[PDB]
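Heads up: numbering here begins at 1 and tracks the sequence. Indexing begins at 1, ligand by ligand and atom by atom, following the structure's order. Just the heavy atoms: all of them, side chains too, but no hydrogens, waters or symmetry mates, feed the values below. Method reported for this entry: X-ray crystallography, 2.1 Å.
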Amino acid sequence: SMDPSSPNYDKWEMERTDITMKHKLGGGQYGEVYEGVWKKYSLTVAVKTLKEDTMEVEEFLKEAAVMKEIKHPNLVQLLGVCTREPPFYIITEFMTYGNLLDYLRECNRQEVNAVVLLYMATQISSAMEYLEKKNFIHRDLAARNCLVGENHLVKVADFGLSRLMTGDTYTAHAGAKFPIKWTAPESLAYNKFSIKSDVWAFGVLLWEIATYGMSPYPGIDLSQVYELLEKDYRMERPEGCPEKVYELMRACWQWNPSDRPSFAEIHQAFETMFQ
Ligand SMILES: CNC(=O)c1cc(Oc2ccc(NC(=O)Nc3cc(C(C)(C)C)nn3-c3ccc4ncccc4c3)c(F)c2)ccn1
Ligand code: NA
Ligand code: NA
């Protein structure tokens, strides 16, 4: 009786009218993403849009397709889509405190203390263990792509920031575009990626967390990063970072991807870090 019956049924397709669109999120730097309220469930959501036929549709539908397969407590959750006609919507759960990078930079450090930092990292570890299980390469793992919810809930996401972020975050190396300071050496030289290149990115993220959102490789110019890494230069241990978290960072930044731990081994590392 209540079970679906009609030929064009799609369990992900939602009633546009159920959603009231509020204002743009992330002051423009995160693309066409808005706060919304799913009316009947007294639920605030995030709604990524595509105004009309810009021919950006294929890129948008593919993101939708990806998010439908992804289900984990520390990965952004798809709630529904409006993809039968424009304006196209991707509706996800709303994460109150926005991206992790700005969160860390603006937080009260007595509340977001060293224990909370370690716990946030553990949540990211678990999310990447799951992606590794699904054999999904993130490609742009970083605090700017992590989201923070209530009670220090952290979720890995991807805003497609390489086409949105102005400045010296994403630039050219050997003629290809990278977030240079989060990119594994082999990815810079060969423009290829793997689960182990996300492992390198996770070590940088660890350093971002430990420093409350400092920019990696302080002061070092972008075009200096690769040659520095090749000589075995690695970022120093942040102030107040326990040794075993720092050795995990250093394990993620092994020159050879074969020597980097798996995300499964990274999460075990957090589990056994005491005694
Ligand atoms: C205040 N709070 C807020 O501002 C706020 C905002 C908010 O908005 C959104 C956050 C993320 C997404 N999208 C994704 O997360 N996509 C995703 C994840 C993955 C993984 C699985 C690789 C991580 N791949 N892709 C993904 C896949 C394909 C893509 N193709 C091109 C472009 C990007 C792509 C991303 C979104 F649509 C809306 C949510 C909660 N709070
Ligand atoms: Na830490
Ligand atoms: Na280790």
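- Going by contact count, the macromolecule most engaged with ligand 1 is what UniProt calls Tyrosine-protein kinase ABL1.
- In this structure, the drug modeled at ligand 1 is rebastinib.
- With the cut-off at 4.0 Å and only heavy atoms counted, the binding site of rebastinib (ligand 1) comes to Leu25, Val33, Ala46, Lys48, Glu63, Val66, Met67, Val76, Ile90, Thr92, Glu93, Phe94, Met95, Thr96, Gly98, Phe136, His138, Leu147, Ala157, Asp158, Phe159, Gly160.
- Residue contact check: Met95 has heavy atoms under 4.0 Å from atoms 1 (C), 2 (N), 3 (C), 40 (C), 41 (N) of rebastinib (ligand 1).
- Near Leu147, the atoms of rebastinib (ligand 1) lying under 4.0 angstrom from a non-hydrogen atom of the residue are 39 (C), 40 (C).
- Close contacts of rebastinib (ligand 1) with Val76, meaning ligand atoms under 4.0 Å from a residue heavy atom, involve 15 (O).
- Atom numbering of rebastinib (ligand 1) starts at 1 in the shown order; those under 4.0 Å from a heavy atom of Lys48 are 32 (C), 33 (C), 37 (F).
- Rebastinib (ligand 1) places these atoms under 4.0 Å from at least one heavy atom of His138: 22 (C), 23 (C).
- At under 3.5 Å, a nitrogen or oxygen of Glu63, whether backbone or side chain, sits near a nitrogen or oxygen of rebastinib (ligand 1).
- Taking every non-hydrogen atom of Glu93 and a distance limit under 4.0 Å, the qualifying atoms of rebastinib (ligand 1) come out as 39 (C), 40 (C).
- Chain A: most residues in contact with rebastinib (ligand 1) are in UniProt domain Protein kinase.
- Looking at the UniProt ATP-binding residues of chain A, I find a heavy atom under 4.0 Å from rebastinib (ligand 1) for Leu25, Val33, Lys48, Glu93, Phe94, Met95, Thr96, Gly98.
- Rebastinib (ligand 1) places these atoms under 4.0 Å from at least one heavy atom of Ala46: 6 (C), 7 (C), 8 (O), 39 (C), 40 (C).
- Measured between heavy atoms and rounded to 1 Å, the nearest UniProt active-site residue of chain A to rebastinib (ligand 1) is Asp140, 7 Å.
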